[PDB]
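Drug on board: cannabidiol.
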Amino acid sequence: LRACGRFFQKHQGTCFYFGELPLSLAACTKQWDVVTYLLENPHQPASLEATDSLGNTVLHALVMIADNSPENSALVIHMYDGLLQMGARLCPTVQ
Amino acid sequence: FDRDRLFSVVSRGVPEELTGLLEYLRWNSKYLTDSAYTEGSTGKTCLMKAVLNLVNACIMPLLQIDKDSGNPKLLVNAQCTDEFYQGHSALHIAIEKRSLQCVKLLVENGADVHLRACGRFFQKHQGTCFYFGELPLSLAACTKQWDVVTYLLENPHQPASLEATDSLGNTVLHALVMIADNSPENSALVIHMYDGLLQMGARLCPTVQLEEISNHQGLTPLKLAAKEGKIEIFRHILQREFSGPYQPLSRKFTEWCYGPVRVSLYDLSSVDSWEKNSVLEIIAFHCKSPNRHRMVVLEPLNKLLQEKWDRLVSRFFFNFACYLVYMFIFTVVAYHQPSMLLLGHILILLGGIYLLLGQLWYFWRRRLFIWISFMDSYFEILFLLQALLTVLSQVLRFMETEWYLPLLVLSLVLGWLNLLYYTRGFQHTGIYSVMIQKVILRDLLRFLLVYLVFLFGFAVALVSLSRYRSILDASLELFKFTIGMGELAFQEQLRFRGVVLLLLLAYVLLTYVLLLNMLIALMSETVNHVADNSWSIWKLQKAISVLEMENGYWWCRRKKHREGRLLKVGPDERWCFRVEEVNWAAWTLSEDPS
Amino acid sequence: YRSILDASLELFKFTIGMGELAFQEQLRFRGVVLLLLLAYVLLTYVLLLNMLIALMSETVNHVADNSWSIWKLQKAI
Amino acid sequence: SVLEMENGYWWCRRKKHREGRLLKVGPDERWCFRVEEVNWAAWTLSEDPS
Ligand SMILES: C=C(C)[C@@H]1CCC(C)=C[C@H]1c1c(O)cc(CCCCC)cc1O
Ligand SMILES: C=C(C)[C@@H]1CCC(C)=C[C@H]1c1c(O)cc(CCCCC)cc1O
Ligand code: NA
């Protein structure tokens, strides 16, 4: 399900652009346990290649939320490699 | 004997020597509290001496023997009569000595916990003094004795009153503000006591709002902190949050949280400029502390001022445009001073009266601001000076004095100086204008006095020795060396040709010493300059500008809307200002974000 | 002193150190024009030196790597 | 500057008073200079402050 509201869009005012998918929300909020369960759910697994309203994937959302802060940079970097590592096991063919 | 006998005994603390002559108090018909036994130098009594020497095992027997005699005035409530040390009691000594046990004995024996020490030592003096307030309750809080104050407030007999005021109307919270000195140790001491008293205030006096109590000068503890310059305690009070039991005691709340995005609700009970005599008005004008600019950059104050500034940018630039149009007429009228010219002079006369009335009203509203901080209101006098001269110049023209032309052009050049006042509205040159007077003018004034001493000192010697012809001309020629147009040469017709050149050569060398050292003198100011200090001054300058123009023009006192939104916290309604922040290291009033 | 172009041109010559200030004897207001001219000369020293100080802080509070990185970007473009 | 001018002018060698107050420490009398300071991190010859 996609949250295409004005609050979830990249606004200059009040907003929070975590992407558009529940999978992106878990990655942007630093919940490794949720995303692992969502991807490896035996029923209705989340798709890594699912795109947002702007075409952004899970990896794209990690780039947008980056703010070069020392805490944020560790959050984005740690999630980026983890999703890539999990991507090989889940979708080896998809780059 | 008697006075000398008792003081020596109580100093050692032996109660055995105290036994005997106790019945002599009734036999001699003399009271212990009377002037015979207390020292006439300062009114100090034996009980005060006993409390001073420590717990003195003689405290209880001394109070025991007093009640045996018939004393109309209780000894434990005796007050020192010395003017310098007036109002001090044995209870104050026990609190000062950090003796919790001693305080208990006096309190359990009927000590008054509301005695006021109104001596010169306890007043806010520039010399020797210690202003802890005026009450025993305030002394414990200011001396960082949490055990004493808890016992005093929760004493089963004669509990201390939190709302008791000092001689200046200061309460316990007010005394904490005054003793603050922004020191890292002092700030922790004041902050820790301030929240503790507030937390204990809810349990003891739930109905009484201690924060809203004002002293004899009508200042709440939050307002008093802003005026006195105590930024450290002021920052803590401005944004304050607590747990569930003390949630209403807080001032900063969270409306909703969604991931890293958070919104904060700072209270504006006495901070918003809508209410008369607010924190913003006190900080900008009434406050005179050197660290005045460090307050307007606080977390809730910076956002509130920026929000107010944006809503009045057009009005600020409208005034600048109107003033610019005023000088478009003024410059042309001055250029063609000797049909529409009569219309031009009419508009100039009205313009001069217009600014004169507005500036007079500005000075009528506030006068201490100019005296307290001349640097902040430097342009206030200049606008008044230009307006007064322009109005006066038009009067002389109508009076047929023929004396107006020098004055009319003076307002032209002086007014164009006032155009630089509006440069504070631009972030680029507004910060740049800070060093125009704050950094440069604070030291370059001294050089001018030095230069004229050298200029006139050499000018008299040059003209006298050469008799180059007049004092005005000799000084004028010496001044031309500064602009690089000086004419030095070996005169052949001079009576002393070599000597006048030597003095002239000496003068030229001194200016290079003077000018380069002046360049070096102000060099250190730029090198040893804090970047945030210059930025903070500009923020204060905008804060003063918006506050003055928020009241509207002099003829039209336009009503001001109240910033913030009224909403219920939990049923109490408090106006709050939304501040939205994003925190990624974090790993609610309402549920749905808005 | 006679035309707006000439008066501004003479005032500009003070910046290059070629300004001609003197006590005129034929002027109707001899002392007043000198006072305004003297005031103008003082302001340029305030203006120019403060401008030297204003850009002084940029050099003092300057990062060495920042200037070098700009040149690398310039070559990259 | 103050030391040179404390001796007075050349013609009039004015007498100089002794700074400080004579008082007993404990019986030894030593001139002392009062310095008053406020310390909030601390948490006596005479009893009564003056
Ligand atoms: C070094 C400086 C700052 C200037 C720079 C220009 C030149 C040629 C002269 C130098 C100079 C001296 O080197 C020494 C003095 C002191 C002598 C004055 C009284 C005899 C003045 C003096 O302008
Ligand atoms: C110290 C500076 C920066 C310059 C250096 C050269 C000399 C002789 C003048 C000094 C000076 C003042 O010391 C003060 C002012 C302000 C007065 C202007 C309006 C009356 C200007 C002004 O150039
Ligand atoms: Na030059």
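Chain letters run A, B, ... following the sequence lines, proteins first and then strands; every chain starts at 1. The basis for the numbers below is simple: all heavy atoms, side chains too, and nothing from hydrogens, waters or symmetry mates. We count ligands from 1, going down the list as the structure has it; atoms in each ligand are counted the same way. Partial entry shown, contacts counted within.
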| said: Mind telling me which parts of the structure correspond to cannabidiol? | reply: ligands 1 and 2
| said: I'm curious which other chains sit close to cannabidiol (ligand 2), say any heavy atom under 4.0 Å. Can you tell me? | reply: B, C
| said: Just wondering, does cannabidiol (ligand 2) get within less than 4.0 Å of any transmembrane segments of chain B by heavy atom? Which ones, using UniProt's N-terminal numbering? | reply: 5, 6
| query | How many other ligands or ions sit closer than 4.0 Å to cannabidiol (ligand 2), and what are they? | reply | none
| Which residues, given by chain and number, make up the 4.0 Å heavy-atom shell around cannabidiol (ligand 2)? | B:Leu444, B:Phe447, B:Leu448, B:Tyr451, B:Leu515, B:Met518, C:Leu42, C:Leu43, C:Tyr45, C:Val46
